[PDB]
Amino acid sequence: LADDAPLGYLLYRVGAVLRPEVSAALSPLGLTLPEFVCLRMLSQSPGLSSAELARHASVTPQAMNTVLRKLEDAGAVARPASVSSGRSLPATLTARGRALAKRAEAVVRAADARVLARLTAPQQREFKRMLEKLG
Amino acid sequence: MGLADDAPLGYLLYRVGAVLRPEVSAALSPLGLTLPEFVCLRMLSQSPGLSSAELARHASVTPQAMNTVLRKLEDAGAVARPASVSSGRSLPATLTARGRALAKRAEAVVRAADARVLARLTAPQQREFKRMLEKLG
Ligand SMILES: O=C(O)c1ccccc1O
Ligand SMILES: O=C(O)c1ccccc1O
């Protein structure tokens, strides 16, 4: 049928507008979108599985694991001691990574503002309320 | 408070998608379709011969999985790649009559599933919301 736009398709197109602008906004900080996903979500949920991080970042779990290894090698994500056990604590942000995540969150906030700029301010607030009500 | 604190737009969009996908899949199940197969059907119904990569991106799946979906729909008589009648090439993937009828039923149930996800906004909020989605995309 020629006149079919399902909700999932509309969401995907908003995403297709959004992801390149978020990437371009993150580029001056040396970050990709999956790295920002990893940083912020790890700042909210320590040790969150690579599978869910990959699901959120629209990447394969292998690619998200490479993201994790790079952020760990760069000193942004640490798995600390856990002096009681033989295994480490859930993956967590360092001071390096938390300052990094704060700047990335500023830049991503601005990028979302530029994507939302095709609506009026009340339309933007109402649209965000609808998104929160749907999710 | 919680995970939604200072939630970026991509995270909120992902949350709506996370509500929507199980309901769409459950709605598609009685027709023998998965979500990736339906995405493939609809997109092929409007754009013949679309690369497996783009179909996979739209279905949020790997290109390998989308190639399996393609074999699946072709084996089921919904998607044909017929031989070129006088060259030797293979024609772009398009829907057959059976694939078009299949897509008509699938789009009916998917529309209903979207209605159930949208039921958490009022009807005017539904119209507003979909127009806003259209302007954002
Ligand atoms: O039609 C789509 O492209 C789609 C995508 C994701 C979820 C549900 C959908 O109908
Ligand atoms: O923060 C996210 O989870 C996100 C996901 C996709 C695109 C942009 C984003 O900020």
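Numbers restart at 1 for each chain; the letters A, B, ... are given by sequence-line order, proteins then strands. Order of listing sets the numbers, starting from 1, for every ligand and every atom in it. The figures here come from the full heavy-atom set of this structure, side chains too, leaving out hydrogens, waters and symmetry mates.
The molecule at ligand 2 is the drug salicylic acid. Ranked by contacts, the chain bound most extensively to salicylic acid (ligand 2) is, in UniProt, HTH-type transcriptional repressor Rv2887. Other chains in heavy-atom range of salicylic acid (ligand 2) (under 4.0 Å): A, B.
Applying a heavy-atom cut-off of 4.0 Å to salicylic acid (ligand 2) picks out A:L33, A:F36, A:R40, A:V108, B:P8, B:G10, B:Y11. Within 4.0 Å of salicylic acid (ligand 2), counting heavy atoms, one finds these UniProt salicylate-binding residues of chain A: A:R40.
Atom numbering of salicylic acid (ligand 2) starts at 1 in the shown order; those under 4.0 Å from a heavy atom of A:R40 are 1 (O), 2 (C), 3 (O). Atoms of salicylic acid (ligand 2) lying under 4.0 Å from any heavy atom of B:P8, numbered from 1 in the order shown and given with element: 1 (O), 10 (O).
Heavy-atom proximity to A:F36, at under 4.0 Å, picks out these atoms of salicylic acid (ligand 2): 1 (O), 10 (O).
Residues of chain A contacting salicylic acid (ligand 2) are concentrated in UniProt domain HTH marR-type. Among protein heavy atoms, the minimum distance from atom 8 (C) of salicylic acid (ligand 2) is reached at B:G10 CA, 3.7 Å.
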